[PDB]
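Contents of the following structure include siponimod.
In what follows, chains carry the letters A, B, and so on, assigned in the order in which the sequence lines appear, proteins first and then strands, with residues in each chain numbered from 1. In each ligand, atom 1 is the first atom listed, and ligand 1 is the first ligand listed.
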Amino acid sequence: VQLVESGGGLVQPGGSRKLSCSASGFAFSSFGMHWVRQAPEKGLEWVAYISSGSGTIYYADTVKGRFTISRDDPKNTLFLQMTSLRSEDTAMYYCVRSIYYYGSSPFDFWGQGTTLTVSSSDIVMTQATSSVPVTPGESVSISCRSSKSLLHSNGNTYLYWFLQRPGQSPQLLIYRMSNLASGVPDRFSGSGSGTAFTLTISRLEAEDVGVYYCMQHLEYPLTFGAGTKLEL
Amino acid sequence: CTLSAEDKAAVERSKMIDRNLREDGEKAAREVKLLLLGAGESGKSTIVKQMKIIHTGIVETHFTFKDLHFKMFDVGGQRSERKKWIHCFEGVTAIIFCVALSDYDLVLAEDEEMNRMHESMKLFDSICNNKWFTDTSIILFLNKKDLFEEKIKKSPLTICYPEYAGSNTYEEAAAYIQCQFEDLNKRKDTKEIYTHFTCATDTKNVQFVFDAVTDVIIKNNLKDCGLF
Amino acid sequence: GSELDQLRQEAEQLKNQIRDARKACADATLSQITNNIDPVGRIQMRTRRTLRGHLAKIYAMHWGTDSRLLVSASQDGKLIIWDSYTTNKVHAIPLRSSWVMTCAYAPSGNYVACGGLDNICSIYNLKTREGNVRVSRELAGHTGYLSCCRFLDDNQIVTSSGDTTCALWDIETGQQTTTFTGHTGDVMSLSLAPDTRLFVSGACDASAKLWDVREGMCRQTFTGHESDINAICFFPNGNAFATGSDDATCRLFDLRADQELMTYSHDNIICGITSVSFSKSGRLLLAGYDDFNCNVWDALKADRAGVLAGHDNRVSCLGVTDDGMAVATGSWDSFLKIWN
Amino acid sequence: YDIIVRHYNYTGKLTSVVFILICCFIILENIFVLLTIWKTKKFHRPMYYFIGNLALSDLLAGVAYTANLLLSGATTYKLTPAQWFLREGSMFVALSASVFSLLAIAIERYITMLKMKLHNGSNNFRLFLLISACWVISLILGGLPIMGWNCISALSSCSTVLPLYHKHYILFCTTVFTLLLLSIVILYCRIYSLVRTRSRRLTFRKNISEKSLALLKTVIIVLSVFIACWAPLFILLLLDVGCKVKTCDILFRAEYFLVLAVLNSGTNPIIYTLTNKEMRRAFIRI
Amino acid sequence: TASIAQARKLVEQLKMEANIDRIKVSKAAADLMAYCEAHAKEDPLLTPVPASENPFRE
Ligand SMILES: CCc1cc(/C(C)=N/OCc2ccc(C3CCCCC3)c(C(F)(F)F)c2)ccc1CN1CC(C(=O)O)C1
Ligand SMILES: *[C@@H]1O[C@H](CO)[C@@H](O)[C@H](O)[C@H]1NC(C)=O
């Protein structure tokens, strides 16, 4: 599995180029795609999503009617076209894959992302603490509060957790509410009630340190959190 | 509806799955499928090698002729009881049957007083009068004819059939064998038996199979519209 | 050759002694004891879901251990995985040869096994890194066609083939570890015990046998049928099992006392049985007859207490879920139906 | 309402027991065919739905005819013009629906026979479109004369067989009927020629004709039965269109032609059922 | 001759099966009755579950 992106650099307002992401290592024709922005030393936010087979497309209301997404199954590529960019779009971009069926784990492989520099209601998720100092060998609990009950009539919530280490793209920890992802050690655990949720770590290592993000998936206008920095 | 966000994405996947199922269902429904039956050495290998070929247990041979795709199922390696796995072939267009004419003065193995020709006749009687193949036509092939002539001119036909009044030559003997094989058909008003004598050239055999399949298709289409 | 007839008379005398010792330990029938209990009045079961999408006959259906997902096999070459609650499909695994007669679901929900007429058992993996479904293993060591296969564990599988034999394999190495022989006819159905240490297999000539997977030999044999055996299912307790047939008669045998207990036969049915399944508590014995409908035969009273007549062709498979909430029936009309 | 008496006086309009009997017999045959098609699950493919549509159409035809005949008589004078118009429209709708259903049957047969396919599975779009069109065109042609072309003003333009109807409307009905009849004949001739030419040379040599002959027997019987019954009514309509007022004596006795034309609607299911042995066996089984 | 092996196989299987222990039918019947009547409460098909808890609602 590999996703490599290109098409970023120094761009002046008024016109912009196209971001192209190429996939190699999986069945691209059966995976939905998401684009995720990441402002410098800030929080990351959702941009756009396209379904399998280009059936259904969703954009964020901040760039609604301004950005365009497209797929190409014969070469397994994804294109994002921007007509005109302001001075507030300089950020990092990631192309994430996700498949939706009973028992699946969306947002499994994020990628690497490409930078873009420009020369010059919805659920509100709030993180409890911006930064917490912790020495290795301590059980740590990070809490994320929501503005609405994410528990649906079916019986499962839709609050995902992501861990981002300094110098590389984030990764998934626990999909839905508490089920552990594949490849993640069993030290991480998650729980909640329906409005405020928590993630607990039993023993903390030197390799498990970074920023923790909580995301909701109840409605298609996805939104992330401010971010909880974990320091040595 | 009341579905959640990622629940509607799962319904979209089921629609594409059903679409791919329906698309593949209309592609494999426009090709002819036919079974192949016969005794051990009735020239079944000779038949499958002679006819056009592009392709332990069941063996499938796929070929094409005149914009028609024929699949041929050769259930010859199944030593189990034929009663249990025969209903899997209920939906089929034709049943090729291989019979050897020269295999009439050759007595069976592991026995000396039962004739191979009578065994083939009994097998044909068991296949044609089955409760599953009560509507499918039957195509019958007489593979070996030169050896049959050379054996019938040196050895009379009365060895296999005890009641025969004709002379010992090939012409009327072939018609007598064909009449004896076609009479073992209780359902004489629903299915037809297309008899052929296998020759050395591929084109005649394939053309006969194609003509029989076309006749079966025309009859089925006329039965569909209530016009026959 | 006097050794031959000597051994024949020895075997006949041994069988006569076994029969006399078996019948001698019987004192009262099961129907006589269960004569002071109140039977169920009427089991009125109505259809809930109708899983459609197949385009040919249906020969195999299995329930998952989570009581939510099921797997179905058909002649068109598909192995669709159905979600029982929302009717949606999860996978559309194709097959190499479109001649299949059995299917199974792993107890962990990772792999799916499937046999067929090509005497080859294919094991597919469902939890791969990619989005497709690959063929994890392809076991080929049988001569006759495979009729049934069950996942004894995530790494071991036991199959019963058409050449009068059964085999317990090892998936990772690909070669069979144990071979059970002794049947004189085509073994066409087997069932694993709830504790997965013994199992039963019914041949094609009025006989059933109980095997242990550890030693690999036949412990007891059960007879009493006339035509043949067509389906077998353990009792939830694990000390008895129900055996179907083709002569419109199913029976209940006991393992501790190797003797028949009850038979569920009616004079209004002259059609065979294809599938036999129990209930969650072992009180309702569902049987699928090939006369276009099923039955809800009572286990302890041998009296019919319901008919699931909502089918258009011969029912070829039926299965009760793990928690006993609903039952799934699949017939030759390409339509699965859920009853609750 | 005074229009009724004056038109009947100007035109000149100032033996009915067996008709109700044959109408009841037709109703019985049609309801029997309908229940036979419904109760059997095997008769569920789109082919056996056109026959049920034709049976419903000619059942409605028998009902409309028996109602028209029993309500008519000495009560036509007290009858209001609106009820008379509605009765004539109900009479004209059912026969048109029957003819259009027969045309749909022929079109479906030609479509199924033109492209030889192995399985009978087909789409429902064509079936639904054909049924909906064959019903709505009949309803529109029946409800047209009350909107316009009513002959409510021009006394000379009214027909002789029945007043209050425009002559050009009758001419248009005869024209569309002639087009439909020629289309039916052409389609059946073409389907027979196709079946004959595809068996003659394509499957030239066999060691095992009759199929073609049986097809021809079923394509002569149906045409001879359909064309013969609808000829007297058509020639009568063209005659009353051509003949002047109060000078044609046979125009007054015009009820026999329509009752034989509607007996055709009752004998059509007999033909359509007794040619295929499968439906015959299913009917005998009941 | 080779049927000696098959005959002795059969006789050994029969003689090893003949030494199995037996139990009375009344005890097995009582055990089956106790097991079916003890778990009769959990059985959903025997007593229809209310529609509030029925997962397959329509
Ligand atoms: C003669 C008495 C009478 C006759 C009629 C007739 C003749 N209707 O026409 C049938 C028809 C139906 C359909 C068509 C075609 C049109 C649609 C396309 C295919 C069919 C044609 C056509 F003409 F086109 F062939 C004719 C109706 C009512 C009465 C009884 N009335 C009351 C009595 C009175 O008041 O004295 C007269
Ligand atoms: C019928 O017509 C004639 C001629 O117009 C007329 O004299 C006669 O009065 C009319 N009938 C009646 C009832 O008046």
Mind telling me which chains or ligands belong to siponimod?
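It's found at ligand 1.
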Please provide the name that the PDB entry uses for the chief contact partner of siponimod.
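The chain with most contacts is Sphingosine 1-phosphate receptor 1.
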Tell me the other chains with a heavy atom below 4.0 Å from any atom of siponimod.
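Chains with a heavy atom under 4.0 Å: D.
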Site residues for siponimod, heavy atoms under 4.0 Å
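Sure - by heavy atoms, that gives D/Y8, D/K13, D/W84, D/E88, D/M91, D/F92, D/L95, D/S96, D/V161, D/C173, D/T174, D/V176, D/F177, D/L233, D/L237, D/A254, D/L258.
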Return only the organism name the entry records for chain D.
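By the entry, the source is Homo sapiens.
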Other ligands and ions near siponimod (under 4.0 Å):
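I find none.
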